Number of protein chains: 2
Amino acid sequence: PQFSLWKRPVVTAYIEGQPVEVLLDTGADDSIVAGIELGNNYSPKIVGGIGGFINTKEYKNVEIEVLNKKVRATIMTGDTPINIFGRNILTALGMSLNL
Amino acid sequence: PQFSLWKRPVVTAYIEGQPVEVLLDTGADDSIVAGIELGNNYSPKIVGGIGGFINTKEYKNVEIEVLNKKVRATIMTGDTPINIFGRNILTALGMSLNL
Ligand SMILES: CC(C)(C)NC(=O)[C@@H]1CN(Cc2cccnc2)CCN1C[C@@H](O)C[C@@H](Cc1ccccc1)C(=O)N[C@H]1c2ccccc2C[C@H]1O
């Protein structure tokens, strides 16, 4: 369905079990969710945004149900001010920007 | 006019006649470019990205042209790795997110 961008494109996701609220972010390459501890094996990862860098931990192949689709996804866990679903998941989902 | 998110959604915009490459970013509440000088009529403004907080210069009602549409929007200039068109412009453009 359509999101006009007059408010933040935030939805309730399920990393599953866990409902998190997420920003749908065409300017993020990757996805970063705060406030979650996730699984056995992550890689160290370093992410560049505006005004600096952040150290996240990388969990691949995760249960994500959002927008009544289910996806297995790679999501990082870092100290982010807002949870972000970036391009890596937005493509999976088949979302686009129009017009 | 219908960007698949497989690559970074970058277009060429003209800011007051000047061509610039900008990333169309649904997760940005506002817009910030580097490499253009817009004048002395600005306000100082602090902005928070995922890495931390930066100083910017805020101009109001600057003329923007993107794919056949001419709008007037608020735009910040500053030191940014990449030029961003946030929600304040994407909305002015009548752009949406598609599923
Ligand atoms: C107005 C301004 C432009 C400062 N907004 C942002 O930076 C916000 C900030 N919030 C938070 C906020 C903080 C404080 C107050 N209000 C809001 C989190 C989300 N972003 C929007 C992001 O889309 C910004 C992009 C910008 C960029 C693109 C490429 C390279 C560098 C910078 C961004 O952060 N992208 C990076 C990124 C981000 C997440 C995950 C992976 C990756 C990789 C990479 O593309």
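So you know, we letter chains A, B, ... as the sequences are listed, proteins then strands, and number each from 1. When the header is checked for method, it gives X-ray crystallography, 1.9 Å. Only heavy atoms go into these numbers, but all of them, side chains included; no hydrogens, no water, no symmetry mates. Note that ligands are numbered from 1 as they come in the structure, with each ligand's atoms numbered from 1 the same way.
Per PDB records, the drug at ligand 1 is named indinavir. The chain sharing the greatest contact count with indinavir (ligand 1) is, according to UniProt, Protease.
Contact chains for indinavir (ligand 1) (heavy atom under 4.0 Å, other chains only): A, B. Source organism of chain A in the entry: Human immunodeficiency virus 2. Closest heavy-atom approach to atom 19 (C) of indinavir (ligand 1) within the set A:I75, B:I50, A:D25, A:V33: this belongs to A:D25. Compare A:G49, A:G27, B:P81 by their heavy atoms: the one nearest to atom 35 (N) of indinavir (ligand 1) is in A:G27. Under a 4.0 Å criterion applied to the non-hydrogen atoms of A:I32, indinavir (ligand 1) contributes the atoms 39 (C), 40 (C). Closest UniProt active-site residue of chain A to indinavir (ligand 1) (heavy-atom distance, 1 Å): A:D25, 3 Å. For indinavir (ligand 1), the polar-atom distance check against A:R8 finds no nitrogen or oxygen pair separated by under 3.5 Å. Residue contacts with indinavir (ligand 1) for B:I84 involve side-chain atoms from C-beta outward but no N, CA, C or O (heavy atoms, distance under 4.0 Å). Looking at chain A, most residues touching indinavir (ligand 1) fall inside the UniProt domain Peptidase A2.
Close N/O approach between A:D30 and indinavir (ligand 1) is not found [any backbone or side-chain N/O within under 3.5 Å].
Of the options A:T56, A:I82, A:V47, the smallest heavy-atom separation from atom 10 (N) of indinavir (ligand 1) is shown by A:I82.
Checking B:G48, B:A28, B:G52 against atom 17 (C) of indinavir (ligand 1), the nearest heavy atom belongs to B:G48. Using a 4.0 Å heavy-atom cut-off, the binding site of indinavir (ligand 1) is formed by A:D25, A:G27, A:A28, A:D29, A:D30, A:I32, A:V47, A:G48, A:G49, A:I50, A:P81, A:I82, A:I84, B:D25, B:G27, B:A28, B:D30, B:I32, B:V47, B:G48, B:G49, B:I50, B:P81, B:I82, B:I84.
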